[PDB]
J.: 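Here is a complex structure; among its components: cyromazine.
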Amino acid sequence: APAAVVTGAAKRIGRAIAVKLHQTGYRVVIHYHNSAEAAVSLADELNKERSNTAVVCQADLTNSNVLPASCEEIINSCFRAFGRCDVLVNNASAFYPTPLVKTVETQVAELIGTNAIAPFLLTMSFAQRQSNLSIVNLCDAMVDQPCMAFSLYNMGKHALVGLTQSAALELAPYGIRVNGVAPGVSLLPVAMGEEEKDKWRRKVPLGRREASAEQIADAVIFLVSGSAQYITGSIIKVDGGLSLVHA
Amino acid sequence: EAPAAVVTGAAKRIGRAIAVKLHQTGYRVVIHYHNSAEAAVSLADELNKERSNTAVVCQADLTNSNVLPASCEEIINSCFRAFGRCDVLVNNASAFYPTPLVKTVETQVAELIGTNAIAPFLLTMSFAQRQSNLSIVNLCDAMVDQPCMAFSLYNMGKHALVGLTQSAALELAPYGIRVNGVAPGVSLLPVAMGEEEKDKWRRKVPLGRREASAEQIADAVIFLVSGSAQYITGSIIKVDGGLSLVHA
Amino acid sequence: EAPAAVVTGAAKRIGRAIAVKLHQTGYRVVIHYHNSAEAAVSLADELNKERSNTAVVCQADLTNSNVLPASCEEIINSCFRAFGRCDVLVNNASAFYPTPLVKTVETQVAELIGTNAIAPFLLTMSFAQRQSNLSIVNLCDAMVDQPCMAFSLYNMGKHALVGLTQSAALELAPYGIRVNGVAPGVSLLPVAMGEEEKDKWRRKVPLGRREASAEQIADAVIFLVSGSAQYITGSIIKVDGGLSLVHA
Amino acid sequence: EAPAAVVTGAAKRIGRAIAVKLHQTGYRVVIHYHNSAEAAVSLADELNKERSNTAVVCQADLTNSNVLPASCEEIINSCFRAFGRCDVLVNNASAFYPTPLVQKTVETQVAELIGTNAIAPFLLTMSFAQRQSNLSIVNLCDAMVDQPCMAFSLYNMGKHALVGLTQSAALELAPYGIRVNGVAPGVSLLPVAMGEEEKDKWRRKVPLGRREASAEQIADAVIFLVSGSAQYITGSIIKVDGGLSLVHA
Ligand SMILES: NC(=O)c1ccc[n+]([C@@H]2O[C@H](COP(=O)([O-])OP(=O)(O)OC[C@H]3O[C@@H](n4cnc5c(N)ncnc54)[C@H](OP(=O)(O)O)[C@@H]3O)[C@@H](O)[C@H]2O)c1
Ligand SMILES: NC(=O)c1ccc[n+]([C@@H]2O[C@H](COP(=O)([O-])OP(=O)(O)OC[C@H]3O[C@@H](n4cnc5c(N)ncnc54)[C@H](OP(=O)(O)O)[C@@H]3O)[C@@H](O)[C@H]2O)c1
Ligand SMILES: NC(=O)c1ccc[n+]([C@@H]2O[C@H](COP(=O)([O-])OP(=O)(O)OC[C@H]3O[C@@H](n4cnc5c(N)ncnc54)[C@H](OP(=O)(O)O)[C@@H]3O)[C@@H](O)[C@H]2O)c1
Ligand SMILES: NC(=O)c1ccc[n+]([C@@H]2O[C@H](COP(=O)([O-])OP(=O)(O)OC[C@H]3O[C@@H](n4cnc5c(N)ncnc54)[C@H](OP(=O)(O)O)[C@@H]3O)[C@@H](O)[C@H]2O)c1
Ligand SMILES: Nc1nc(N)nc(NC2CC2)n1
Ligand SMILES: Nc1nc(N)nc(NC2CC2)n1
Ligand SMILES: Nc1nc(N)nc(NC2CC2)n1
Ligand SMILES: Nc1nc(N)nc(NC2CC2)n1
Ligand code: NA
Ligand code: NA
C-alpha cells in the first residue's frame, strides 16, 4: 500500500483529503499544528477501518531557522511508519489580512512559510528520499483577483504556483509529478460571518454554493491516480466558475 | 437508463480513444466523423458488439459555412434520435496545418476556425437548447501561448475555444451544464509528421520524453465528465507532461 | 519623410483618438470606416487642415466573407497608394453585441469573428506581405477571462485576437515587425446607455471609479509604436484601472 | 519642484539605467545599493554634476530578517530626508542563483531570494504608501516565470510572489492614487559571471533581433509606466522580452 503525507489534515479540506486517500487504499500521515485532538480522532477512525494505516505528526510550518528540519521530519515520519512516501499534499495554510496601510515579520513568516516555504522544503525532503509518485499543492483559484488587503497571503499562493511549476519541471526526471488544486470558495473560514458567507456563495455560478471539502478532495484523488500519469505542472480549478465572474 | 455522449472526430486517434473510454464507462456514443467513414463504422460495430444499440455514426463537415449551424444542430439531433438524450458533448474534431503570414485563405479560415471554434460554439448552442450530470469537454492545446511557427489560424481557433469554454461555463452554469477543457501538449503525433520531427518533439517532454497516449488524454476527459468533477466548470486541464513549462 | 499608419474603425470613439494621436506624433493616417462616412471624412478634413495630404479615408466591411481577404489587401494598398509606405497597423474596428447560447447566427459569427479576429489576421498578412519601426497594435479586451454574460462570440473573437498577437509576434519578428496589444477594461460607454448604468460600471474600477478616456487608450498605442518600445513584441498592455483584478 | 524616486539596486546594470532615465526625465533619485558602494557613489556624483543635489545613495541589505521592515522604512525615509517627497518606487534589487531541490544554508537562500524579490518590495510598498499627483510603483518581474530556469525554484517563487504583490497592491492602493505595475524582462543584461558562448545561447533564442534587451530598453518601459501616458494603467505587467516567452521548447 502506498503512503501519503497530508499537511493540515485534522480538519476541513485536509481532513477530507486524508479520508479519501485512505479510502482509496493509502496509508496516511496526518500532520497538524494545534489540532492534536482532531488529528488523533481522525487517525483513530482510519485505524479502526484498517489497523496501523494512519499516524499523526505535529509541526509548526511557520518559517524559521528550524523549519527545514521540521519538514525533513514530517517526510521521515512517513518513512518510519510505512517504509515509503508516495504522495505529498501541501494543504496547511495560514489565511488572514495584512493591510498595506502580530508583527509584520511574524505575518511574513506565517503566511509565506505555510503557503510557500514549507511546501518548498517538504518538496525537497520528499524528492531527496526518492510507482506513482506525486505532489499536490492546494492553490487558490482567485489568485489573480485577490481579496482586498490579503497581499501576503496572495504572495504566498502565487509563490506556490511558482513552486508547482518549477518542481514539476525539475522533478519530472525522477518520475515525480507536481500539480495543484485551486479551490474558489469551499468550506468558509470558521471566523467569517454568516452574511459574508452567503455573499460569497451567491457569486458562484454553478449552484450558488461553496464546494464541499470532498469535492476538493476528488480533484486531489484524480491527480494522484493512475488516470493522471501524464499530468504534471497542472493546476485544476475546482471553483464552480467563480473565477470567471467579473466585478 | 444509460447516458449518451457526442464525440466529434471520433473515428480515429484521440477522439476514438475518448469514444471508447466513454463507452467503457457506460455511455452510449455518437461517433461523429467527416471523411473517415470506414473507421467510424468499424468503431461503432466494435462498440455495438459489446453492448447492442449503444453506438451510432454521424457524418458532418464542420468547416464554417452558412449551413454549419444546421449541421451542428443535426449532430445533436442525431444523439436524441438514437438515444433519447444527450448528456455529454466532446469537441474533439480539428483541422491542423500551417497558414504562414508571408487551399484559398478563405478555405483555411473556414476550416481552421470552423472546426476548432465555430463548430464547438454551434454544437454548444444546440446541446444547451435541447435539454443528471451534463457537461461539455473541449479539446484545447497546452501550447497555445507558445505556438508552433506559422500556425496562426490554428492558434487563433484554439484560443477562441478557450474563450468559448469560459464563456459557456459562465452562461450554462444555471442550467447545470459544466464546460471544461483538456489541453494536450504532444499526444499522437500527426500522421504527416516525419520521424525525426516526432523524435525532436518527444525529447522535449520532461515527464518521460514521450508523447501522451490517446488513452491518457481520454482519462482526463473521463474525469471531467464524471461525478468526481461536479463542481468543476471553466477549467482547462493540461495533459502535457510538463512540455508547456519548458523554455526555449 | 513621415511614417504612415492604418487605423481600422477610426471614425469615432477610440479609433478616432488613436488616429488623432498618431497624426499628432507625426504619422500620415488611413482612416478606415464602415458605416461612418461623414465622421471619417470630417476627421480627415481636420487632420489635413492641420497638415495637408496627411489623411485619407478607406471604406470597407470587415465582416468575414469570401471577399474579406481582398478587402483587407485593399486597405493596406490604400496606405501605400497614398503615402508610399505603411509602418503601423492598428486593428481597432470591432463588432460587439450579445449572442446568447440559449440577425442569423451565421451572420453573427461572420461579424463578431470577422471584425475581431479574421480581418486582423488578413490585414496582418497583407501588411507583412508588403514588407524603420514597423509594428501592429491589436485592440484587445482586459476582461476576456471574466467575460460579459452572453457575449460568447465576441469573447471568442477577442481570444482569437490574443492568439493572433502572439503568433504574429513570433512569426514576424525576423522582419522587425513587432505585434502587440492594448486591452481596455471600461473605456467609452455607449452614449445612449443611461448614466445610472454607466455608473454601475464606473464604480467597479479601482483607479478613480471612472472609465478610461479614448485618449488614455491611445496613449498606450502610441507607446507601443514608439522608439521606446522597440524590444516589445507579443505583449498586451492592460489599460483598465485595475478592473480585471476585482473579484465578483 | 521636481518629483523624487527610489530605485533599489541602482548602482549598476538595469537599476542604474532606470535611475539615469528617471533623472533625465527630471526626477531626483535615491540610489539604493547593498554591496556596490563605489558604483553607487560614482553614479550619484555623475547625476549631481548634471544637476546639483538631485541624487543621494542609500545602503541597505534587503535580505529578509526581523529588521527588514525598519530597513525598508528607512529607505523611504531617506527619500523624504533628501527631497521632501517620494513619488516613485522602483523595486529592482534582486538575488538570483539556483537552489536545486535534490542534492549557503537553505534558510539564508530563502531569506535572500524571497526577501529581495518579494518581501522587501512588499515592505517598501507599505512604507511608500504610509508616507503619502502621479504616484506609482514599478516592480521588476520576469517574463519567464511560467517557463522557469531549471533548479531556480526559490527565485521563481519570489518572482511569482512579486506578481501577486503587484496585483494586490494595485487593487489596495488605487484609492490612494498610487498605481502599481511591473516590467518583465526576458533576457536583458546577462550575468557578469556568464561566458560569451552561454550568453550567445540565450541571445539566439530571442525572435526579435536574436539579442538581449539593453538596459535602456528595460528602463524605457519603466519610464512609460511612471509617466502621465500611463495614468489609467495599474496592475499591469509589461513584458519587454523580444518575444522570448512565446518560443516553445
Ligand atoms: N476553504 C476555502 O474556501 C479555500 C479557498 C481557496 C484555497 N483554499 C486552500 O485550500 C487549503 C485548505 O483550506 P482550508 O480552508 O481547509 O484550510 P484552513 O482550515 O485555513 O487551514 C488548514 C490547516 O492549516 C494548518 N496550519 C495553519 N497554520 C499553520 C502553521 N503555522 N503551521 C502548520 N500548520 C498550519 C492548521 O492546522 P491545525 O488546525 O492543526 O493548527 C489548519 O487546520 C489551504 O491551502 C487553503 O489556502 C481554501
Ligand atoms: N495530437 C496531439 O498531439 C494534440 C496536441 C494538442 C491538441 N490536440 C487536440 O486534440 C484533439 C484530438 O487531436 P488529434 O490529433 O486526434 O486530431 P486529428 O487527428 O488532427 O483530427 C481529429 C479529427 O478531426 C476531424 N476533422 C478535421 N477536419 C474536419 C472537418 N472539416 N469537419 C469535421 N471534422 C473534421 C477528422 O475527422 P475524419 O478523419 O473523419 O475526417 C479527424 O480524424 C484536437 O482537437 C487537437 O487539436 C492534439
Ligand atoms: N469601449 C470600451 O470600453 C472597450 C472595452 C474593451 C475593449 N475595447 C476595444 O477597443 C476597440 C475600440 O472600442 P470602441 O468602443 O471605440 O469600438 P466601437 O465603437 O464598438 O467600434 C469601433 C468601430 O468598429 C467599426 N466596425 C464595427 N463593425 C464593423 C464591420 N462589420 N466592418 C468594419 N468595421 C466595423 C465601426 O465603424 P463604423 O462606425 O465606420 O461603421 C465602429 O465605429 C475595440 O476593438 C473594442 O473591442 C473597447
Ligand atoms: N538581467 C536580466 O536579463 C533580467 C531578466 C529577467 C528579470 N530581471 C530582473 O530585472 C531586475 C534587474 O536585473 P539585473 O540583472 O540588473 O539585476 P542584478 O544585477 O542581478 O541585481 C541588481 C542589484 O540587486 C542588488 N541586490 C542583490 N541582493 C541584494 C540584497 N541582499 N539586498 C539588497 N540589494 C540586493 C545588488 O546590489 P549591490 O550590487 O549594491 O549589492 C545588485 O546590484 C531584477 O529584479 C531582475 O530579477 C533581469
Ligand atoms: N488557509 C486558507 N486559505 C483560504 N483561502 N481560505 C481558508 N479558509 C479558512 C481559514 C479556514 N483557509
Ligand atoms: N487537430 C490537431 N491539432 C493538433 N494540435 N495536432 C493534431 N495532430 C495531427 C493532425 C493529426 N491535430
Ligand atoms: N468591448 C467593446 N468592444 C466594442 N467593439 N465596442 C464596445 N463598446 C462599448 C459598449 C460601448 N465595447
Ligand atoms: N536578479 C536577477 N534576476 C535575473 N533574472 N537575472 C539576473 N541577472 C543577474 C546578475 C546575474 N539577475
Ligand atoms: Na517542532
Ligand atoms: Na453611413
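Chain naming is simple here: A for the first sequence line, B for the second, and so on down. To match the PDB entry, the residue numbers of chain A are left as they are there, and the shown ones run 3-103, 114-142, 152-268. Using the PDB entry numbers, chain B covers 2-103, 114-142, 152-268, in order. What you see of chain C is 2-103, 114-142, 152-268, where the numbers are those given in the PDB entry. The residue numbers of chain D are those assigned by the PDB entry, with the residues present covering 2-104, 114-142, 152-268 sequentially. According to its header, the structure was obtained by X-ray crystallography, 1.1 Å. Atoms within each ligand, like the ligands themselves, are counted from 1 in listed order.
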J.: I'm trying to find cyromazine in this model - which ligands or chains should I look at?
T.: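 You'll find it at ligands 5, 6, 7 and 8.
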J.: Hey, which chain has the most contacts with cyromazine (ligand 7) here? Just the name the PDB entry gives it.
T.: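 The largest share of contacts goes to pteridine reductase.
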J.: If you measure heavy-atom distances to cyromazine (ligand 7), which other chains fall under 4.0 Å?
T.: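 By heavy atoms, the other chains are C.
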J.: Looking at cyromazine (ligand 7), are there other ligands or ions closer than 4.0 Å?
T.: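 Other ligands and ions within range: ligand 3 (NADP nicotinamide-adenine-dinucleotide phosphate).
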J.: Among all the protein's non-hydrogen atoms, which is closest to atom 4 (C) of cyromazine (ligand 7), and how far away is it?
T.: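 Minimum-distance protein heavy atom for atom 4 (C) of cyromazine (ligand 7) reads C/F97 CB, 3.3 Å.
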J.: How far is atom 5 (N) of cyromazine (ligand 7) from its nearest protein heavy atom, and which residue and atom is that?
T.: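 Of every protein heavy atom, C/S95 OG, 2.8 Å lies nearest to atom 5 (N) of cyromazine (ligand 7).
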J.: Find all atoms of cyromazine (ligand 7) within a distance of less than 4.0 Å from any non-hydrogen atom belonging to C/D161, and give their numbers and elements.
T.: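 Per the distance check, 1 (N).
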J.: Give me the nearest non-hydrogen protein atom to atom 1 (N) of cyromazine (ligand 7) as residue plus atom name, then the distance to 0.1 Å.
T.: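 So the nearest neighbour among protein heavy atoms is C/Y174 OH, 2.9 Å.
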J.: Quick check on contacts: which atoms of cyromazine (ligand 7) are under 4.0 angstrom from a heavy atom of C/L208?
T.: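 Once the distances to C/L208 are compared, the set is 9 (C), 11 (C).
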J.: Starting from atom 8 (N) of cyromazine (ligand 7), which protein heavy atom do you reach first, and at what distance in Å?
T.: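 For atom 8 (N) of cyromazine (ligand 7), the nearest protein heavy atom comes out as C/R14 NH2, 3.5 Å.
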J.: Which residues lie closer than 4.0 Å to cyromazine (ligand 7) by heavy-atom distance?
T.: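 With non-hydrogen atoms counted, the site is C/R14, C/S95, C/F97, C/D161, C/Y174, C/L208, C/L209, C/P210.
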J.: Dump the pairs for me: cyromazine (ligand 7) N or O, protein N or O, distance under 3.5 Å, to 0.1 Å.
T.:
residue, atom, partner, partner atom, Å
cyromazine (ligand 7), 1 (N), C/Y174, OH, 2.9
cyromazine (ligand 7), 5 (N), C/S95, O, 3.1
cyromazine (ligand 7), 5 (N), C/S95, OG, 2.8

